[PDB]
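Shown here: PF-00835231 (bound form) bound to ORF1ab polyprotein.
Residue numbering for chain A follows the PDB entry; the residues present correspond to positions 1-300, in that order. Atoms within each ligand, like the ligands themselves, are counted from 1 in listed order. When reading the values below, keep in mind they use all heavy atoms of this one structure, side chains included, and skip hydrogens, waters and symmetry mates.
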Amino acid sequence: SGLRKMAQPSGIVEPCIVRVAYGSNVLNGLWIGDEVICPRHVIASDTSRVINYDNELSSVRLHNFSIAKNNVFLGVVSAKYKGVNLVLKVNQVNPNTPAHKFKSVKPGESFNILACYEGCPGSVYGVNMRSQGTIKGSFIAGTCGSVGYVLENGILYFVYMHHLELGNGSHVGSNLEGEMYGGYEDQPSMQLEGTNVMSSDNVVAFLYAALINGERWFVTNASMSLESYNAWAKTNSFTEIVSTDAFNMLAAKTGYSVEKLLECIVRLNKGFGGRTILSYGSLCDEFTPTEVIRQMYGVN
Ligand SMILES: *[C@@](O)(CO)[C@H](C[C@@H]1CCNC1=O)NC(=O)[C@H](CC(C)C)NC(=O)c1cc2c(OC)cccc2[nH]1
């Protein structure tokens, strides 16, 4: 038993991380095949002020890139923007390149961050994408270009590359196509996140996790229909439930219908009144149904 926010193991990704520096800027890149992908602001003269990315590319010089992995130095032979990333063709193929694909995550989906510090993998942790496209992580100077990934059916997907932190502390990055999640600009900007909408699917999963753990104080003699819940969600900054297929196994194994837990959400969102659930003091939307099934029952 127990519920922990976890990451899938990082070994397959670690050999792909390099240090990328240009001028006084230092961050991380992803070395796969004979390409290094990194945030394009590494070439900007002054990242503390609004950047004209046209001007920074016009004045770039390929020789000024410093790219390294331990005692391997990589020379850049071509540089392009691909969205908000640089794609740098280098003079050596990474012999440890794993088989991989690219995909974009969606709001409510979980993935893993390999947090990298000026080219050195430092830590690994799980995240969940918020409705506005942000994540809540722990990123500091030197961590841009840290990589998000997910393993799904024996396939490694690269899904995220880190760029910035909003004034409210939320973390912003791009897919590996260089499309910023949420559409935020790669600028030092007071751009606003927008209103956060909780993932109902994930809150339901969290309550199922508490039931699996043997905690059931919060369940009442009541149950809310799906249309009723969805009408409430729309006015209370929760997502509408579009399918209950993700909960069939959880309902079957716990004996509790999704509608019982929908009633719990509406009631608990008013406050836990000093109680906790899985030691939390408020509802948590960080765990997907898949995450809960996998770590609590060991299947899928
Ligand atoms: C990368 O390491 C840079 O290479 C860095 C990561 C952030 C540092 C603190 N937490 C992080 O996630 N990214 C930045 O420093 C970016 C660089 C931009 C995109 C060119 N800037 C910010 O994240 C940033 C600047 C400002 C700001 O200014 C003015 C005002 C409000 C928020 C804000 N975020």
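- For chain A, the entry records the source organism Feline alphacoronavirus 1.
- With hydrogens left out, the protein atom closest to atom 27 (C) of PF-00835231 (bound form) is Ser189 N, 3.8 Å, a heavy atom.
- Of all protein heavy atoms, the one closest to atom 33 (C) of PF-00835231 (bound form) is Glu165 O, 3.3 Å.
- Atom 12 (O) of PF-00835231 (bound form) has as its closest protein heavy atom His162 NE2, 2.8 Å.
- Here the heavy atom of the protein found nearest to atom 14 (C) of PF-00835231 (bound form) is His163 O, 3.9 Å.
- Close contacts between PF-00835231 (bound form) and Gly142 involve ligand atoms 2 (O) [criterion: under 4.0 Å to a heavy atom].
- Looking from atom 5 (C) of PF-00835231 (bound form) to the surrounding protein, the closest heavy atom is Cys144 SG, 2.7 Å.
- Below 4.0 Å from some heavy atom of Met190 lie the following atoms of PF-00835231 (bound form), by number and element: 30 (C), 31 (C).
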